[PDB]
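Structure containing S-1153.
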Amino acid sequence: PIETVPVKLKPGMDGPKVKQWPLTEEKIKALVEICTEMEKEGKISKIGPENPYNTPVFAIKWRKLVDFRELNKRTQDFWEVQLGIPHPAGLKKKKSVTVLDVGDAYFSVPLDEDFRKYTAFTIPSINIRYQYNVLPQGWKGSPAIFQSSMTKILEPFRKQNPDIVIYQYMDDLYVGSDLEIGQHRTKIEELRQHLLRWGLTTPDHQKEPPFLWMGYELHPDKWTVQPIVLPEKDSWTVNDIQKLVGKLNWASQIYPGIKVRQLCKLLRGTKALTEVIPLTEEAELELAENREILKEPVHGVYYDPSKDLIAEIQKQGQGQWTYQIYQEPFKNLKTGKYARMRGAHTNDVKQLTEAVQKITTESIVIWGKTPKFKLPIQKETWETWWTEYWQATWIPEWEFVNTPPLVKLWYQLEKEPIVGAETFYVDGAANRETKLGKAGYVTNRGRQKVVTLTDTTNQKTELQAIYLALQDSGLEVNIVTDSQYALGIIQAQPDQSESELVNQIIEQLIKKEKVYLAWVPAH
Amino acid sequence: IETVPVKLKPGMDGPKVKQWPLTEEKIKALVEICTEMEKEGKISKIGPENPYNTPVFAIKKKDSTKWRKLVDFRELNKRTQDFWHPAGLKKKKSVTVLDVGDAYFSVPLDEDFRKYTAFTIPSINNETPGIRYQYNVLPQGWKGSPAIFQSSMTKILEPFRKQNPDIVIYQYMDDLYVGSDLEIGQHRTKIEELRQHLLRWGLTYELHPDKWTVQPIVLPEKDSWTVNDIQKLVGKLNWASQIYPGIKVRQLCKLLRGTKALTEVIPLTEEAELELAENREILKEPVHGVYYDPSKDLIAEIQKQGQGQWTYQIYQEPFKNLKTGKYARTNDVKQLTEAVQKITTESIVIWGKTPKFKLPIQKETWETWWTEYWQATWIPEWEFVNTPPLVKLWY
Ligand SMILES: CC(C)c1nc(COC(N)=O)n(Cc2ccncc2)c1Sc1cc(Cl)cc(Cl)c1
């Protein structure tokens, strides 16, 4: 009843020819009985010596099974079905939602006449060659064509009725409206009616909520995540631990409490994938604290296009940021965390800004609009860093919220050398075999100091020199360095780093009143 | 009508590019525009046997409350069979540009090829499959539309230039560059007429090329120099010594001898004043031996200077700029976007090519807001840098 959709094999591929798995009598007879009824319904048809290819058949138990994997390996590619996630919280909450069954509408779609020849299978001598005339079950291109065909049918109806939501998934139709049960019902019948007119008979078993959907549980007034469970093991290999960390990270996206540090330490120096590792006590605790966190399922409400979208961010641990998207106080639509670390050197404002970006993109994808943000950062603060930062940033309209910890600029390097402040010319270098780590300085006032080190690079000694400078000076200092490494690092004005010296220096820089750092080429 | 047969570089296949998410607004606009275009047969919904896809966006050109549909065929263009630039506009005094994308809409597109122009109108939260289409005519933004219309493009330009090679007009994709070194008010008038010279076949502010330059590097002029002042001079001169190796800094560094306070004034010696002056002379002109090379990529770097100030450089060999300039004042983003356009435009003008931009912004940020202030008809290639410009005070 719908225009067949042209189909072809990949560039220069041939159909299947995999010999037929000689089956048994109890088997042959069963299929013989199944093919007969599908035949008398169109779905298939006898073919003869004519056709060359062959897909083996099986009779699962008394159900017909055609192993098409070897014809799906030679069919063109189709426009993917699952374009996008989507998130349960984007769904608009309707008053009534009906679910329609399609089912048998499976064999209810025609296969392109020039492709068919390739769907040839063979039924052994009872003691018979066929081909499909419909989207076979097990054919790479059938889901796509089905959904598409289905889309075409609905397109019209969806037109004459825009206020109705119709989600097509697998063999069902979820239709929601905001009409009254009287009106809703009638519309549905029309739909039932329309659907019939194309050969999609709808049975007049009624699947009820919660609707199990892609790891989600959909209830009328809310959505929940299907329980997330971790494996129970006495012996943990490296493979186990990696997949475990895998699942955890993933699940840490909605369960901000989750930690993986102690479990990932376990991966250190691992010699083999099967190597078994005793769990650390700090690792055992963490694994237990995660099992628990995961006992309370994540859940939220549905979307109300009538109210405004508000997003609230919070500074959790280190580089960790939590966020909630709601319309009414604490009635969360969605919640998450953002913790990426875009580069080695960074600070809190840049991070808060990145988090702000993420939520925007996600909002736009889920609700089609950006939200109003409530951020733990003063206008004064974000504005100073904004016009000082080298990249172009886009801040959205936001409301402050003095809910500690607050995001703040821990410091700002001077822009001009400080008048009257002691000038420190710092320096450092070493021995490549092993350190002659002699870092120290000299000032315009005559003060001088040299410090020897151990187990440290050449740049580490430059950083040391600045640290020594910083620690040994008044509240206002001028530091001249020839290190691009140090300069770069510092000029960025990060407030934290995986380094200890860089960190020490940072707290030093934070303590100071004034600090001008100057670079001069390394002679 | 008969169609011009197009082909993909022998060994290529269509583009399968991801469609960035759009606001409901941009979706709504897009869907209006498309069925109407469908109504007219330009595009017609397509099926799922078409695996290809090209990004599409919705821009609203200002001074009207009308949306325009922009398609990102960048990728398609990179793979359409290799199909086979008038100096003088970069010389003219005032230049103008016009949009001739429409012309193409009246040209059947080669059957076997429409499949590659497939694009998708996205759905909010993916609760709907996504509206699929394909072009039946010559699409805007595709390198193949100009090359195929060429035959009829010049064949419609003669009645203004067969014996009228005084003024100049160049065509870049959907773009029409009309350069005329004539009188200011007497400019609009000579083009407003070409605006009526093509219309006879269907398709119903100025640029100042000659007034550009690969600006010079300038050293400070001062009555008194401080330790720091000199430290900076030496720095900036050092950098500059990779472009110009004749630059010298020995004499100056002599001054940086000892350990004086950063704010202390150091008299310049005669040997030091001479060097600086020779250094000033070397820099008075752009480095020799820097010419455009077609086999190379044109690259453009932008640096935010604060105060709605943005500097940029176009170059092919790093530290061998073909041009430099500045854009000036709104927010970082709007400015950054206007700058890319201004820059791309000059680029098309001077070399008839768009440059690959290195954008000082987070990717996700750009992708979300660039369509907000984009008015061009093309889209340049771009990448995002996360490394501070250490040369923000030198460049
Ligand atoms: C009309 C459709 C679009 C719909 N809208 C809402 C949004 O929910 C409301 N309240 O309308 N719900 C959820 C629902 C669940 C149980 N009862 C009623 C509705 C549904 S049903 C549904 C079912 C599956 Cl398998 C997948 C998806 Cl994405 C949605």
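Below, read A as the first sequence line, B as the second, and so on, with proteins coming before strands; counting in each chain starts at 1. We count ligands from 1, going down the list as the structure has it; atoms in each ligand are counted the same way. All heavy atoms count here, side chains included; hydrogens, waters and symmetry mates do not.
- Going by the PDB entry, the chain with the most contacts to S-1153 (ligand 1) here is HIV-1 reverse transcriptase.
- Using a 4.0 Å cut-off on heavy atoms, the other chains next to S-1153 (ligand 1) are A.
- In this structure, the protein non-hydrogen atom closest to atom 3 (C) of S-1153 (ligand 1) is A/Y167 CB, 3.8 Å.
- Source organism of chain A, per the entry: Human immunodeficiency virus 1.
- Of the candidates A/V99, A/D172, A/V97, A/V97 brings a heavy atom nearest to atom 4 (C) of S-1153 (ligand 1).
- Heavy-atom contacts of A/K94 reach the following atoms of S-1153 (ligand 1): 9 (C), 10 (N), 11 (O) (cutoff under 4.0 Å).
- The closest approach between A/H219 and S-1153 (ligand 1) falls below 4.0 Å for a heavy atom of the residue.
- The closest protein non-hydrogen atom to atom 15 (C) of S-1153 (ligand 1) is A/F211 CD1, 3.4 Å.
- For A/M214, the closest heavy-atom approach to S-1153 (ligand 1) does not fall below 4.0 Å.
- For atom 7 (C) of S-1153 (ligand 1), the nearest protein heavy atom (residue, atom name, distance) is A/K92 O, 3.5 Å.
- Near A/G176, meaning under 4.0 Å from any of its heavy atoms, are these atoms of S-1153 (ligand 1): 1 (C).
- Set against the non-hydrogen atoms of A/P209, the atoms of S-1153 (ligand 1) under 4.0 Å away are 16 (C), 17 (N).
- Closest to atom 24 (C) of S-1153 (ligand 1) among all protein heavy atoms lies A/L218 CD2, 4.0 Å.
- Residue A/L91 has no N or O atom closer than 3.5 Å to an N or O atom of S-1153 (ligand 1).
- With a non-hydrogen cut-off of 4.0 Å, the residues around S-1153 (ligand 1) amount to A/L91, A/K92, A/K93, A/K94, A/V97, A/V165, A/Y167, A/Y174, A/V175, A/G176, A/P209, A/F211, A/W213, A/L218, A/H219, A/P220, A/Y302.
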